[PDB]
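See structure below.
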Number of protein chains: 2
Amino acid sequence: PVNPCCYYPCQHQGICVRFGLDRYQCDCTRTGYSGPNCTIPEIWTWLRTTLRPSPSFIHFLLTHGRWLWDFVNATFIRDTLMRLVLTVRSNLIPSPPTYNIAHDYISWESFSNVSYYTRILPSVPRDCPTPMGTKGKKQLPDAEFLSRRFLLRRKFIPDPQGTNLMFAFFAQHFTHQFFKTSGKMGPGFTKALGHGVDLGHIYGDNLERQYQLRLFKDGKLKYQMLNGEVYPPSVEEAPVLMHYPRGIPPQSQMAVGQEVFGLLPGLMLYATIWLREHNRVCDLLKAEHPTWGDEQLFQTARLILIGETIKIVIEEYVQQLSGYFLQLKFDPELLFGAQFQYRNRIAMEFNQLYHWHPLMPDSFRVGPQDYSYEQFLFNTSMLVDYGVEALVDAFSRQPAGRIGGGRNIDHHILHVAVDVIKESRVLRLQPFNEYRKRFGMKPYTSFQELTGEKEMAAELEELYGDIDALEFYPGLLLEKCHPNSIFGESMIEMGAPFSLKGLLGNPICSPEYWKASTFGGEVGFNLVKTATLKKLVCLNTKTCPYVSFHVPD
Amino acid sequence: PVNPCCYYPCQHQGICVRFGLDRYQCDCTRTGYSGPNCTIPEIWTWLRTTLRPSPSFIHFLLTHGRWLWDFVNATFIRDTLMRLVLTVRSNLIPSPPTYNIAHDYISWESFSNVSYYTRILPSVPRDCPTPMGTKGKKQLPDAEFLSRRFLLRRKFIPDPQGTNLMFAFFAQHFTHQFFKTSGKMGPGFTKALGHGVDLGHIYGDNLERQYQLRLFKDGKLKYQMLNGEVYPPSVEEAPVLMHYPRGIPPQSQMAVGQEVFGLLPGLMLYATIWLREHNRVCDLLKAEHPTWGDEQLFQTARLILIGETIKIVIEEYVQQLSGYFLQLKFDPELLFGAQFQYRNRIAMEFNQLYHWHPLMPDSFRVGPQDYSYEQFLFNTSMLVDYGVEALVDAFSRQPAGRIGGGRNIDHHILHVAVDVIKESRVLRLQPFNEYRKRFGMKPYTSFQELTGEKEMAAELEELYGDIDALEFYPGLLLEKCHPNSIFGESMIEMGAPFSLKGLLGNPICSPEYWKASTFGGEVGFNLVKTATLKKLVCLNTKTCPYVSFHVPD
Ligand SMILES: *[C@@H]1O[C@H](CO)[C@@H](O[C@H]2O[C@H](CO)[C@@H](O[C@@H]3O[C@H](CO[C@@H]4O[C@H](CO[C@@H]5O[C@H](CO)[C@@H](O)[C@H](O)[C@@H]5O)[C@@H](O)[C@H](O)[C@@H]4O)[C@@H](O)[C@H](O)[C@@H]3O)[C@H](O)[C@H]2NC(C)=O)[C@H](O)[C@H]1NC(C)=O
Ligand SMILES: *[C@@H]1O[C@H](CO)[C@@H](O[C@H]2O[C@H](CO)[C@@H](O[C@@H]3O[C@H](CO[C@H]4O[C@H](CO[C@@H]5O[C@H](CO)[C@@H](O)[C@H](O)[C@@H]5O)[C@@H](O)[C@H](O)[C@@H]4O)[C@@H](O)[C@H](O)[C@@H]3O)[C@H](O)[C@H]2NC(C)=O)[C@H](O)[C@H]1NC(C)=O
Ligand SMILES: *[C@@H]1O[C@H](CO)[C@@H](O[C@@H]2O[C@H](CO)[C@@H](O[C@@H]3O[C@H](CO[C@@H]4O[C@H](CO)[C@@H](O)[C@H](O)[C@@H]4O)[C@@H](O)[C@H](O)[C@@H]3O)[C@H](O)[C@H]2NC(C)=O)[C@H](O)[C@H]1NC(C)=O
Ligand SMILES: *[C@@H]1O[C@H](CO)[C@@H](O[C@@H]2O[C@H](CO)[C@@H](O[C@H]3O[C@H](CO[C@@H]4O[C@H](CO)[C@@H](O)[C@H](O)[C@@H]4O)[C@@H](O)[C@H](O)[C@@H]3O)[C@H](O)[C@H]2NC(C)=O)[C@H](O)[C@H]1NC(C)=O
Ligand code: MNH
Ligand code: MNH
Ligand SMILES: *[C@@H]1O[C@H](CO)[C@@H](O[C@H]2O[C@H](CO)[C@@H](O)[C@H](O)[C@H]2NC(C)=O)[C@H](O)[C@H]1NC(C)=O
Ligand SMILES: *[C@@H]1O[C@H](CO)[C@@H](O[C@H]2O[C@H](CO)[C@@H](O)[C@H](O)[C@H]2NC(C)=O)[C@H](O)[C@H]1NC(C)=O
Ligand SMILES: CCCCCCCCO[C@@H]1O[C@H](CO)[C@@H](O)[C@H](O)[C@H]1O
Ligand SMILES: CCCCCCCCO[C@@H]1O[C@H](CO)[C@@H](O)[C@H](O)[C@H]1O
Ligand SMILES: CCCCCCCCO[C@@H]1O[C@H](CO)[C@@H](O)[C@H](O)[C@H]1O
Ligand SMILES: CCCCCCCCO[C@@H]1O[C@H](CO)[C@@H](O)[C@H](O)[C@H]1O
Ligand SMILES: CCCCCCCCO[C@@H]1O[C@H](CO)[C@@H](O)[C@H](O)[C@H]1O
Ligand SMILES: CCCCCCCCO[C@@H]1O[C@H](CO)[C@@H](O)[C@H](O)[C@H]1O
Ligand SMILES: CCCCCCCCO[C@@H]1O[C@H](CO)[C@@H](O)[C@H](O)[C@H]1O
Ligand SMILES: C[C@H](C(=O)O)c1ccc(-c2ccccc2)c(F)c1
Ligand SMILES: C[C@H](C(=O)O)c1ccc(-c2ccccc2)c(F)c1
């Protein structure tokens, strides 16, 4: 008796449940559809899907007609559209969360145990005929071969949207606060229990670590002075676990919230900027509240930095990534009149989707000097040698690589993609086409439709045998990009829901928290409301360099 | 300089914040008022409070005109009113939670660390002139004296609403799943991390314990047979820590989710009933899903019992307690059109308010036998000696004591009340009158108004010196009771918000979870929708005894 749920019979978010020895039933509750397979639409459902323009057409609208968008951005329409974007995208993410690596069904354990990443679609049942369900071959393509053939960079392909390394390192720094897969527990488990923008990559993911990083004076974080500049303290002064190669003296190791940030100067650079910002805010708070103790100063500054982070991510980071002419806006009040849960649980699919390694260049240019990967990775003196401004200027000027399209991952880090594919099979992620449907898109009917070309498509078809066997991550990276864009429609249609839900799902965005008193008053509240990448850097450096998520002109 | 917030200047939920060396500012955001102290109403705010009838009047309407209610209860008006009750009561509880014993302000730590109970009103600042703020004497009345004088029972006072011991033990059993103050960490901390109806008192508050309790076959819980009846297993078979007097061997201990249930036959009675219900549901589930494994059977049965619990608590437990002619209803769908957060955090005030020791009798009667506290407490054989049916019958027949009114706590357990008062001072809970205002009532202007009499009021005035110095717990237990009611209005006006938010705030009540598939299909969903105290007992016992939360007529 072949498990009927292996055919993914239930459509439009209907839930497949096994009944008896060989039957199945689809729970169509609130899907907007009825029938054995949740395929019979109600009137409003049918109209909505019949009138909704394609993701590609909407993408076109949002990236053309600057004159019209400028006009619209200056009106209430900006708010109307931002609210629509927030609600429509977020609603595709279940909240409270549903499944995890252990339970392909709702359970109290999945709801309460936050050491688990959640998941949007249940796993491919273990008893299915093929690894992907019922389609494809008995054995999936070799992960290594797949990576060498379709993901390995031949010649660097710059991002057409002008994205730079300042952006690339921000993305890596930012995402590493909520993606922290546990080596000890295995795939499907995380150590970032905050499951969102808690800034645990600055303050630590646990209390004792936070306490080791804190000065416990004026609400500040410990630090050290080098060349008259402020930097994170060494592991000697802040006895915290850091992942550095054996053989590196403790005095040369910097201690920050995230244990892996010693890996790249680009990561430690952001750790330095944010640490400086935290202490700068502590100073502003104390001037306003001389009676406050160290604890309240520390806690309030953290809330302010969380807000500054979400503000910058929405209005500058996502703005650069989307390429939209619509001026995005971070305003929690846009959701006060809607039904929305202020909670977030990080999905394993979101983790996979965010492996944007193609962004990394062939080498790292700092002024007239060109640094190789061996001169960059784990280099513990470069940040201090050049200082914050110099590195920000260089990273802001160097272009990052295009993410989608294929063949654009530097050989130095290709092994990461190989492991992502291997872990996807351990997590038993459903095929790319099933995720397409889950996020409102039609499944691809062939590999040529996916790639937009013929040679790679033919080889993929040979390897996978069926488009319905194509895996999640490979599909995301091999999909044809939007015209002159950094990646394809799926990265946007699937990634936007996860990202936006994770930003606005934060408790500081709730009516209960979003008030001036939460941030120590008007001064703190305005810091959040007017935060900018430029101010983040320049209010914390001697001089102000070129700073942006876009390469200069 | 005297801390200005010691005067509780900000009204209507405005937040008091210290500015400069001696100033304060009230954050009136979304309170519906403006002005230095949030006292100037907006037009709609003024209308709402002017047309709003008093709690006493509303109570009258709900306990009179049975003929009218009988009509209402059979129409959709029942739903309209239940939704109104749910939303208006729940809106008084902040969500996400705000403060805790360490932070009298919003912070990421308060939001994320669930080992802390939350609190609704901040503590009395440690630097205030008097223990309660600015009113009263420099020293509060001795806790032991206060208890002896006003809380000690002199003559048993039965509850005029007919509440029985079956109800009392349900209340004790039920609340002990979310009130588990940590002896190690101290006041302000809890071990019940589920913060609500997770049934941790049946399955254990931690995974390791749950695993020792589970059979790992058919999704069931371990059990043992005695006199042909099913009971919880022994600690020898289920190696779990249970709090029993030293000298009682593991083979003679019963292992259940909550460590302290061996203390009373009444507690183990419910532990036994729910254990039998769990395994019963597993049988029903397996019949429907023969392909399911032990894990899914166990998790699904747990979800069903959670739903059954909420159903019985709202429609029978709270119904009995309220004495309303309005037929309360548990229907999550009532809130699907409203803005509501599906989460809960247990408040320290809710813990205090739920110390209903007056309910306990002078002795426990089982048929012709009358057992004393010395014979009842920690009795290791009574449950098995009599069996479930006999104890349910006896407890359903014996009257429980009136909660409010004062002087009704049996001397055997008066020490608990003494400790509650002492814990209250450690927690630095604000005065009863501040809580009255926080929950929408006018503060009492004198002790005579509070008690409704002259004798106790006169002595209370002498001891406290000022009505605004009266503490939270004593205030709840000494306030005059509603006509022929089990307690006063404050217990209802303050208790209803916490209780209802805790019941509906459960994730199973969310649109995401409230579906047939969550409970294994229609059979499981109906078990929840039709749950009853009588069925809970009789579908798990040989014979059907008198079972109710009210003594027989
Ligand atoms: C979140 O969710 C994750 C995933 O579930 C949790 O992972 C960890 O917790 C699990 C439970 O502790 C770990 O499971 C392992 O199970 C092994 C097998 O043990 C079996 O259970 C008992 C063992 O007890 C037996 O009897 C006596 C009684 O006193 C006992 O002393 C003795 O040890 C004896 O074995 C028994 O019925 C069986 O025969 C088995 O022994 C354990 O050996 C192992 O130590 C562990 O407990 C799981 O491995 C943990 N780690 C991971 C990554 O899975 C995580 O804890 C959850 N987080 C939270 C906060 O809840
Ligand atoms: C939820 O919230 C509660 C309440 O905060 C929290 O409670 C528990 O956690 C804290 C922090 O771990 C415990 O702290 C206690 O106090 C001291 C900490 O003082 C330190 O001071 C010195 C600094 O240490 C230096 O750093 C070196 C690093 O290598 C170290 O080796 C040396 O010690 C060195 O001196 C030091 O002198 C001292 O030893 C301490 O490190 C602890 O020692 C003490 O044992 C306590 O842990 C709280 O007590 C603890 N429990 C309570 C009830 O407060 C929970 O953990 C939070 N829960 C979660 C999930 O976050
Ligand atoms: C835990 O609970 C169990 C019950 O489940 C306790 O055991 C029971 O104890 C009672 C009294 O201690 C035993 O009483 C039985 O019936 C009569 C009762 O007394 C009669 O009524 C009054 C009281 O004196 C008098 O007017 C009458 O003349 C008459 O004495 C008693 O006399 C019998 O001898 C008989 O024991 C009951 O039998 C017993 N049940 C069992 C199965 O043991 C147990 O003690 C308790 N543990 C603790 C620590 O107290
Ligand atoms: C960690 O990062 C540090 C950067 O802060 C590294 O250091 C710097 O390393 C560079 C490269 O080795 C070093 O370069 C000096 O010498 C260069 C001479 O080479 C010239 O440029 C071209 C390269 O061959 C030729 O075309 C040209 O003819 C000439 O030969 C010169 O270009 C540089 O400007 C510079 O003078 C820097 O001096 C180092 N700076 C410091 C502060 O020491 C360090 O090596 C990294 N650590 C590790 C282990 O890799
Ligand atoms: C020089 C650049 C660079 C290097 C050496 C690099 C290295 C790694 C290594 C090593 C791993 C872990 C792999 C394993 O197999 O266990 C990993 C994981 C990961 N990395 Mn990348 N990474 C980037 C850039 C780099 N990453 C950029 C740019 C981003 C974009 C946001 C990114 C995002 C991720 C994500 C997301 C993970 C997964 C983290 C987790 O699950 O713990 N990264
Ligand atoms: C026979 C009767 C009986 C006994 C011996 C009993 C005893 C105790 C003891 C001892 C403590 C812990 C006190 C301390 O000072 O630390 C405690 C706590 C508590 N009890 Mn009563 N208790 C009841 C009945 C009893 N309780 C009933 C009935 C209820 C009503 C719902 C109730 C509710 C509470 C609550 C609530 C707590 C606090 C739990 C927590 O903070 O851990 N109960
Ligand atoms: C609903 O989904 C099932 C499962 O894929 C579809 O397939 C079933 O019905 C077909 C129609 O006769 C049979 O030919 C298939 O063998 C059978 N497969 C299984 C797994 O039972 C079914 O057609 C779908 N029905 C609708 C109305 O869409
Ligand atoms: C706001 O609340 C405060 C505190 O209850 C009120 O009290 C302050 O002002 C009074 C007016 O003269 C003084 O008599 C009090 O001593 C003073 N107390 C403090 C906190 O310093 C104040 O009157 C209220 N103001 C308004 C506009 O209602
Ligand atoms: C109501 C007015 C409609 C005008 C039709 C606009 C046509 C836009 O056409 C768009 O062109 C893009 C490429 O440039 C494609 O990628 C989109 O899928 C396609 O819809
Ligand atoms: C209310 C929001 C409306 C957004 C619609 C903006 C879409 C911009 O549409 C633009 O209109 C121009 C007309 O001169 C065309 O020339 C451009 O090709 C087209 O992209
Ligand atoms: C013309 C400008 C319109 C701006 C509104 C865009 C926001 C709607 O975004 C929509 O969200 C859906 C669910 O996530 C997706 O399935 C659609 O493809 C996407 O276009
Ligand atoms: C038509 C609407 C008329 C509204 C009349 C406003 C009445 C509320 O009046 C307010 O009462 C408070 C407490 O007594 C005072 O502290 C405020 O200063 C006062 O403005
Ligand atoms: C009885 C008349 C009641 C009128 C209700 C007042 C509505 C709120 O009116 C507001 O008052 C503010 C203070 O000047 C202005 O700044 C706002 O623009 C205005 O909308
Ligand atoms: C829609 C909800 C309506 C609630 C109103 C219920 C109030 C019951 O009101 C009752 O009406 C009786 C009339 O015969 C009087 O005799 C009772 O004294 C009075 O309490
Ligand atoms: C006549 C029937 C009326 C049913 C509506 C009752 C529900 C409203 O309940 C109200 O909740 C408020 C907030 O907790 C309290 O302050 C009010 O005193 C209370 O009556
Ligand atoms: C605003 C816009 C949209 O909703 O279309 C949009 C586009 C892309 C993202 C996005 C952000 C991070 C990873 C992947 C996708 C996003 F979060 C929002
Ligand atoms: C339905 C009614 C109301 O809201 O008035 C009501 C009355 C009393 C309670 C209540 C339940 C447990 C402890 C304290 C109060 C409750 F939860 C609900």
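Chains: lettered A, B, ... by order of sequence lines. Sequence positions for chain A are given in the PDB entry numbering; the residues included correspond to 1032-1584, in order. We number chain B the way the PDB entry does; in order, the residues shown are 32-584. Quick note: numbers below take in every heavy atom, side chains included, and nothing from hydrogens, waters or symmetry partners. Every number for a ligand or one of its atoms is a count from 1 in the order of the listing.
- Drug identified at ligand 16: flurbiprofen.
- Of the chains in this structure, the chief binding partner of flurbiprofen (ligand 16) is, as UniProt puts it, Prostaglandin G/H synthase 1.
- Heavy-atom contacts below 4.0 Å between flurbiprofen (ligand 16) and other chains occur for A.
- At the shortest separation from atom 7 (C) of flurbiprofen (ligand 16) among protein heavy atoms lies A:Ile1523 CG2, 3.9 Å.
- Residue A:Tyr1385 places a heavy atom less than 4.0 Å from flurbiprofen (ligand 16).
- Below 3.5 Å of separation, one finds no N or O of A:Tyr1348 facing any N or O of flurbiprofen (ligand 16).
- With a 4.0 Å cut-off on non-hydrogen atoms, A:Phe1518 does not touch flurbiprofen (ligand 16) at all.
- Covalent status of flurbiprofen (ligand 16): not bonded to any chain.
- For chain A, the UniProt active-site residue nearest to flurbiprofen (ligand 16), measured heavy atom to heavy atom and given to 1 Å, is A:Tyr1385, 3 Å.
- Note on flurbiprofen (ligand 16): A:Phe1381 sits outside its first shell, no heavy atom being nearer than 4.0 Å.
- In terms of protein heavy atoms, atom 9 (C) of flurbiprofen (ligand 16) is closest to A:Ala1527 CA, 3.9 Å.
- Taking a cut-off of under 4.0 Å to the non-hydrogen atoms of A:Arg1120, the atoms of flurbiprofen (ligand 16) that pass are 3 (C), 4 (O), 5 (O).
- Every atom of flurbiprofen (ligand 16) with a heavy atom of A:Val1116 under 4.0 Å away is listed here by number and element: 4 (O).
- For flurbiprofen (ligand 16) and A:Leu1352, the ligand atoms under 4.0 Å from any heavy atom of the residue are 10 (C), 11 (C), 12 (C).
- Protein heavy atom nearest atom 18 (C) of flurbiprofen (ligand 16), with residue, atom name and distance: A:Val1349 CG1, 3.5 Å.
- Near A:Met1522, meaning under 4.0 Å from any of its heavy atoms, are these atoms of flurbiprofen (ligand 16): 14 (C), 15 (C).
- Checking heavy atoms within less than 4.0 Å of flurbiprofen (ligand 16), the transmembrane segments of chain A hit, in UniProt's N-terminal numbering, are 4.
- Contact atoms of flurbiprofen (ligand 16) toward A:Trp1387: 12 (C), 13 (C), 14 (C) (distance under 4.0 Å to a heavy atom of the residue).
- Those atoms of flurbiprofen (ligand 16) that come under 4.0 Å of a heavy atom in A:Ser1530, given as number and element, are 11 (C), 12 (C), 17 (F).
- Scanning the protein heavy atoms around atom 2 (C) of flurbiprofen (ligand 16), the nearest turns out to be A:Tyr1355 CE2, 3.5 Å.
- Within 4.0 Å of flurbiprofen (ligand 16), judged by non-hydrogen atoms, the site holds A:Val1116, A:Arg1120, A:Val1349, A:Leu1352, A:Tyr1355, A:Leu1359, A:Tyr1385, A:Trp1387, A:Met1522, A:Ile1523, A:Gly1526, A:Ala1527, A:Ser1530, A:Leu1531.
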